[PDB]
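By convention here, the chains are lettered A, B, ... following the listed order of sequence lines. So for chain A, numbering is the PDB entry's, and the shown residues are 36-748, in order. Numbering, chain B: per the PDB entry, residues 36-748 in sequence. The way this entry was determined, per its header, is X-ray crystallography, 2.1 Å. When a ligand or atom number is given, it counts from 1 through the structure's own listing order.
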2 protein chains.
Amino acid sequence: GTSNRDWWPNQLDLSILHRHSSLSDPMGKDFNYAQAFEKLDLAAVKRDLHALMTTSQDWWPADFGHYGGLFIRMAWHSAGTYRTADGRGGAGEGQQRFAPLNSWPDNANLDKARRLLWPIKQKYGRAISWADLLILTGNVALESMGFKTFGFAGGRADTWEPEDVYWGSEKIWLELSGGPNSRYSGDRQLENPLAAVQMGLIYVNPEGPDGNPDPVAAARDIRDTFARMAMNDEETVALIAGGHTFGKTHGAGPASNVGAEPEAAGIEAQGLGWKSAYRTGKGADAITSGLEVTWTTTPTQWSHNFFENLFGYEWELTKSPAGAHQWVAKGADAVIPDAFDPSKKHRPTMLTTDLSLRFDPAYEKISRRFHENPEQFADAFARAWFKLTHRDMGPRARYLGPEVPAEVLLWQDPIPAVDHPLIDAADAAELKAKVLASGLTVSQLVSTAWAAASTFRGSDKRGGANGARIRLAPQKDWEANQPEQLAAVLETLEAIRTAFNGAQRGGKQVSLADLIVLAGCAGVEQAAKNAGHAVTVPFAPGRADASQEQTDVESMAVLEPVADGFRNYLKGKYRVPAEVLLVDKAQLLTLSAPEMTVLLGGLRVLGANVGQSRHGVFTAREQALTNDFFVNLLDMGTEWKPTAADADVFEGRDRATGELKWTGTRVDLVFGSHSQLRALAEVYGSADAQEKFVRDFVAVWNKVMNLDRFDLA
Amino acid sequence: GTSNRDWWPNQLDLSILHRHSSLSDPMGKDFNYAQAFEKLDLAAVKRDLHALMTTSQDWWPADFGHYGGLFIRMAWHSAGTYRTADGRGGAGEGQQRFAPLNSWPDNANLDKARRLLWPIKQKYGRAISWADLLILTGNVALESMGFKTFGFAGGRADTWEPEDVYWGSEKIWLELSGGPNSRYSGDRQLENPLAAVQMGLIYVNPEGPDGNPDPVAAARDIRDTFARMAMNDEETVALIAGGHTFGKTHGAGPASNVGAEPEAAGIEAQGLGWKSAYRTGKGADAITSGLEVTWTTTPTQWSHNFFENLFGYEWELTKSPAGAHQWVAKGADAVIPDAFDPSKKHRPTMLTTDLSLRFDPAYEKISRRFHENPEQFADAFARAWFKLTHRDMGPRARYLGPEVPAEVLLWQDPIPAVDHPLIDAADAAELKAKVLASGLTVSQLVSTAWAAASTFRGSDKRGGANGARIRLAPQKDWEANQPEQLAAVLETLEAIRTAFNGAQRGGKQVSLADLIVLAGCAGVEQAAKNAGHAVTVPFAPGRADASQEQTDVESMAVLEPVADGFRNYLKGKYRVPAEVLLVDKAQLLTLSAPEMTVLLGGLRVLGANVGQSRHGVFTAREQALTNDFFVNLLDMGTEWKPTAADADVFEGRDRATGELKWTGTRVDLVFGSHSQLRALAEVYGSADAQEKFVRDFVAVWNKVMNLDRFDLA
Ligand code: HEM
Ligand code: HEM
Ligand SMILES: NNC(=O)c1ccncc1
Ligand SMILES: NNC(=O)c1ccncc1
Ligand SMILES: [Cl-]
Ligand SMILES: [Cl-]
Ligand code: NA
Ligand code: NA
C-alpha cells in the first residue's frame, strides 16, 4: 500500500498536530476526567490492588508469590520514558499501553502486568485512568512490601492513540552504537532529545555500554541518561538501589525461545507477546531481559540488603543461562531465595549497572552514605519515586485526590497561592490604558507576552506565563528573549504595577505575571486598532509571581528555545530543518495546523521577530494586525530564490522587474510550499478573510496566554 | 525518525478513520459551504474566468493566447481519478491540490493551471471551494470556446488534508507492468479497486500499453479503465474526442530537463514543480508529458476537426523531440497552427490512444457516427462531461446553484420527489408497535435495516436506504442480504404499509424505504427493552421508493458488499486480511474507530450476522442490546486458538477446563488484539458502561440510517 510518507519521506508531517481529536476519543466531548476521578473511592481501589499483589494467575505466576516487583518495574517503565529536552514520554498519558512502547524490548512482559490490572480497571471504569492506575499500582506494590510512599496524585487523563514521538532513527531494535543511524557521535554524545542509549531501552543497557560489562563506563551512561530524565546523582542512586531492593530479573533459558513482541504477534495472542517456547514459558522458566539476578535475601520486603550486598562482597563476572553478562558474589553462601522452589537458594548477584553505584567515584560516596544511614536512603527514594512518577503532571493545581503531598518541591516550578482580591474588568481597562500611554510599542508588548507564555509545553505541562519567571534567571537572559529590550519593558511594567498597587484599597493588587499578559493584550488591541478593527482581547487574572528561590535555574535550561519559528529564531545551524522545528514547537504548544498558521502570520506583522528581523515581515503596515503576511506570501507576482550567502534565507523579487520585495526563512516560506499549509494560508489570504483572520488570531493568542492556567480548569 | 508503520508495516492503520477532524479545518465548526455558495454571484465568477482565459501570464504563457485546453485537462484530471469499485477519487473533494495527486506525473504542470486560478479564488474566498472552481473553470473554458455545456452544480466542500487512498503497491512512478508489485495478473487483469494502468496515470499510457504503440491493444486498456470509471464505449469516445478537440500536448525537448515534482521540489518553488532547464522552460519550450501533438486546426474553438483529421489522413509512427511515440499524418500539409509563432504551421498529429478510436472496431462505429453527425457528438460529450465531473457528488439534493440541469439521469440513482404529508411521531410509534406485533424478530428487523442502509459510501455518496432499492434487482439477490429471509421480511413490511396507508385521511402515507428503517429502529428499541433499557431510537421520515426502471442494475453491482465485517461476512477468500476490509468499510461509512467498535459489538449481539453465524456472538442473551460482546471478548479466563479446519476462525476455551465457550473470526478478535481497538473495547466492557454503550449504539445506528439523507442537510 504505497503512501505519501513512501514517496516524500522528508516532507513535513502535519498529522502530529491533529492527533487526539474528538473523532478517536470514545468519551463524550463533555467527559471531564478530573471530575470522574474526584468521585472514585480511591481507598477501595487500593484495597483491590493490595489483594491483587498475592493473587497469582497460572498464565503468569507470581515470583515469590507476590507481583510487587513486577508492578514496580511496570510503573518505573511507564514513568521512565520521560526526556527533559522536550518533556515527551513519561507516565502522564498511559502511553505504555500503545505502540511502540507496549512492544519495546525493555517493556517485555509488562503486557502481563497490565493484563493482571484489567479486572480492577474494568471494575472502576472511567473513574480511574490506565495512566493513573499504572502509577498507583506501583505505589501499592511498595506499600504492600513495607515501604511508605511520599504520596500520590491522580489526574492523568487517558489518551486514545499513540503519541508521535521521535525515539530515534535506528531501524533495528536495540542497535548498538555507531550504525548508519547512530544516536551517538563525538565522545559518546547522545543526540538531543533522546534519553536512552539504544532503541527500545528505558535508560541504559544492564550488561554495560553496547554490551561491554564495565561498571565504570556504565556509570557514565547512567549519569547522562538519568540527567536527561531530570534526575541528579543522589536521586539516581536512590532510585536504582531502591528499585533493585525488590524482585528479580528473568533469564532462565536462551532468548531464541522468545517470540514476537505484542504488536507483531498473532491475533489469537489477544494483545500479549513474547510467548516463550522455553519449558513452561513462564514462572520459574520466565525469560524477560535474559539476565538472571535476584538482589536481596527478602525480594518481597523492603530491606537494607541491597547496599549490604553491594559493599559486602567482591564481584565476579559470569553469565546468565541466556548468555548475558552479570555478576556473582565471590565465595558467598547461597542466601538468596528462589522464586518458586523453597528448597533452592542462590548466591548474591548484581547487574553491571548496579556495580556502577559502587565503582563510580561520585556514586560510591552516595551509596556509602545510604548504606551507613538507611533512613536517608529511604527518604531519598521516596522523594525520587514521587518525582519520577509525577514529573510530567504539571502544576500542583492538576493534582487530585486525598494523598497529594502537602510539601511543595522545587522541581514542581511552584507558584504562590493568590491571597488578595484580583483585578476586575475596570482595573484591566485602566492598566491597559496606562500601558499604552507609557510609550511601549505593539512590538515590545507582543514580543514580551509571547516570550513569557510560549515556554509552555503540553508534553510535561511545564512553563507558561504564570509565575513571571521571564523576569528571573535564566529566562531573563535567554537570547531569544532579547535581554536588553526585555529589561526595558519589564522596568516600565514594574513602575506601572507599583503605582497601581500603591493606589489600592483593601489588599487588591496585580501580579507582574498578570500584567505582562495584560500588557500583551493591550498591544494586540492597539495593533487591531492600527488596522481599523475594534477588538477587545480576553484576559483572565490570577497568575502569581514566583521568586528566584522557587525557580531551579538548571531545570529551567531545558525550556530555552533554541528554535522558535514564531519569532523567526534559530540559535544555531541544526541538522533538523527549521520547518520541522516549527511543527515540533506547535505540537508542544497544543496548536493545530490552522492555529499555528494564523498565529505565525499575525506575529510576523506585529513585530515579534527576534532582533527586529525583516524576514517574513510581508507588510508595509508593521504593528497593525492584518492578514498581509498571507496575501503577500501567496502573490505570484513574486519569485523566490535562496540567497548566495545562505541556502536558508530567500529573496523574493518582482517577477517582471527583478526588484527585491522581501526576504524570508524556511519557516516563512514553508507556508507557501507545503500543500496543506498553503491551503490554510489561502483561507486567511482571501479577500473575505480580514475579520476572520483578526478573530482567529485573537482566539489563538488568548489560548497561548492561558496554556498553563490549570487554576481555572 | 522510525515510526510504528516502519516497525509493524502490516498492523492496521486506524488514522484513516480519524482524518477530517475539526482540528485540521480552518473554517468555524459552524461553516456551511452550501449556504456560502448559494449566495455566490456565480455569473460574476464566470465573467472573471472568461477574462482569465485569454489573459496570458509570462510565468506560464498561454498556448495560442488561450488557457482553455489547459483548464479542460485540469478539470478532466480532477474528475478522472474516480474508481467505481470504491467510489474513491473524483473531483468532489478538490484532492488534486494535495499529495499525492498534485505530484502525479499525469498531473504535470496542472500546478500552473491551479496557480492561475488563485486570484479568482482569493477574490471570492469561501463562497466557492477549490473543488467547485476546478470544475467550473473547465466548464467556462468549454463555453468560451463555443461549446454548450449540459450544466453545473456547486456544492463540493473543500477538504483540508490528503485522503488515504490505495492507488497501487508500486514503489516507482509509472512502473511498467509485471514488476514485484504488478497491478496486473493473468491475461492483463487489473486488480480491484485500481482504475489506471500504471502508478501515477489517470487512465492509460498515451504511447500505448507499457509504452507499446499499438492502438488496438491500447483500446483494450482504454475500455477497461474507462469502464472502471463508470464510462461505457459511447461516453468514452465522446470524452476523448471531445477533450482532444482542444489545446495541445507539450514535449519540446528531452524529459531529462524536467526537475522534481511539487512534493519533492525545493521550498522556493512555492508549491510548483517540474521546473524545466529546457530553453525558456515554458511556453513554446514547454515540456509536460514529453509528447508533441496538436490535434486540430483551431485548438481554441469547438469544431469537428478531431474526427476529420482522424478519418481524413493515414498515420505514421514517429517520435516527439523528447523521444515519445506519437503519430503524424502522412503527406499532409502544414495546416495546424503553432502555439506562439504566427508564421509557423505543422502537420496533424495524434496519440496512439487517439487512433484507438478509429482502429478498435467497436469504437470505430461510434467515432464514425460522431464524425458524420457532430451534433450527436456535441450532445454525447456534453452529457459525458457532466457525468464525469459530477459522478461523485451524490444525490441531486446536494446540487446547488442556478445551472443545475433539470433532466434526471439514470446514473444519478434518482429518488422521486415526496408529494404527500409525512408520518409524525405518533404514526411512527404505531408503525413500530405493528412491526413488533407482526412477529418479525429483533434479528430480522436489524439485519434488514442494516442491509438497506449500509450500502452507503461517502467516497461518492452513492447507496443508502433512501429509494428502497433493497427490494429491487440486484440488491434483493445479493448473498450478503440473505435473499429468502429478506423477501419474507419485506413482504410482511409491505402488508403493514398497505394497511397503514389504506387507513389514512388526507393523503398521508409512508414509503417502504422509510418503513424498512423505522422497522430497524423498532428492532433496536425492542433489543434495548429486552436488556431492561427504555430508549427511543430517533427516526426521520422523507425517504421515497425508486422504481426498477430508475435503477441501473449494472451500476448497482459495484455496491455489492463482498466483505462486511459488521455482519461477519466475507464472500470469498481474499489476499487482504478481513480486519483491513473492516476498516475499509468503516471508512466508507464515515465511522470513527469508536463508532465502528460500538456498532460492531452491538450488531453481533443483536443477531445481524449473515446465515445466523454464532461467530462473535459473545452473549447468552442474544437479541438483547448489551455490551456482552466486549465483556466476554476481554475476559482473560478465555484462551483463543486458530482452528484445525480454518486459520481465520478461532476457538475460545475456558483456560482452566478446556471447555469450548465461543467461536470468532479475525474481525471479531481484532478488537481484543489491536492495541488501539482493545483500548476502545475496554471502555465499553467496563462495569460502568452499559448505559453509555446503549446511548452510543443508538447514535451510531441512527447515523448510519441517515447517511444518504442530504434532503435534510
Ligand atoms: C540503571 C537503571 C536500571 C537498569 C539498567 C535496570 C535494569 C533492569 C533489568 C534488566 C531488570 C530485569 C528485567 C527482567 O528480566 O524481568 C530490572 C528489574 C527491575 N527493576 Fe530495574 N533497572 C534500572 C533501574 C530501575 C529503577 C529506577 C527502578 C525502580 C525504582 C527499577 C526497579 C526494578 C524492579 C522492581 C525490577 C524487578 C522486576 C520483577 O520483579 O519482575 N529498576 N531492572
Ligand atoms: C485515453 C484517454 C486519454 C489520454 C491518454 C490522454 C492523454 C493526453 C496527453 C498525454 C496530453 C498531453 C499533456 C501535455 O503534454 O500537456 C493530453 C492533453 C489533453 N487532454 Fe487528454 N487524454 C485522454 C483523455 C482526455 C479526456 C477524457 C479529456 C477531456 C474531456 C482530455 C483533454 C485533454 C486536453 C484539453 C488536453 C490539452 C492540454 C493543454 O492544451 O494544455 N483528454 N491528453
Ligand atoms: N508527544 N506529545 C506532545 O508533543 C504533547 C502532548 C500533550 N500536549 C502537548 C504536546
Ligand atoms: N478516500 N475517501 C473515503 O473513503 C471517504 C471520503 C469521504 N467520506 C467518506 C469516505
Ligand atoms: Cl509522549
Ligand atoms: Cl478520495
Ligand atoms: Na510527556
Ligand atoms: Na470519491
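- Drug identified at ligand 3: isoniazid.
- Structurally, the greatest contact with isoniazid (ligand 3) is made by what the PDB entry calls Catalase-peroxidase.
- In contact with isoniazid (ligand 3) at heavy-atom distances under 4.0 Å, by letter: A.
- Using a 4.0 Å heavy-atom cut-off, the binding site of isoniazid (ligand 3) is formed by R123(A), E128(A), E198(A), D199(A), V200(A), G493(A), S494(A), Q622(A), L623(A), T625(A).
- Nearest protein neighbour of atom 7 (C) of isoniazid (ligand 3), counting heavy atoms only, is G493(A) O, 3.3 Å.
- Near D199(A), meaning under 4.0 Å from any of its heavy atoms, are these atoms of isoniazid (ligand 3): 1 (N).
- Checked against a 3.5 angstrom limit, the closest N/O atoms of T625(A) and isoniazid (ligand 3) fall outside it.
- Other ligands and ions with an atom less than 4.0 Å from isoniazid (ligand 3), by number and name: ligand 5 (chloride ion).
- The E128(A) neighbourhood of isoniazid (ligand 3) comprises atoms 6 (C), 7 (C), with distances under 4.0 Å to a heavy atom of that residue.
- For atom 3 (C) of isoniazid (ligand 3), the nearest non-hydrogen atom of the protein is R123(A) NE, 3.8 Å.
- Considering only non-hydrogen protein atoms, atom 10 (C) of isoniazid (ligand 3) sits nearest to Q622(A) O, 3.2 Å.
- Organism for chain A, as given in the entry: Burkholderia pseudomallei (strain 1710b).
- Close contacts of isoniazid (ligand 3) with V200(A), meaning ligand atoms under 4.0 Å from a residue heavy atom, involve 1 (N).
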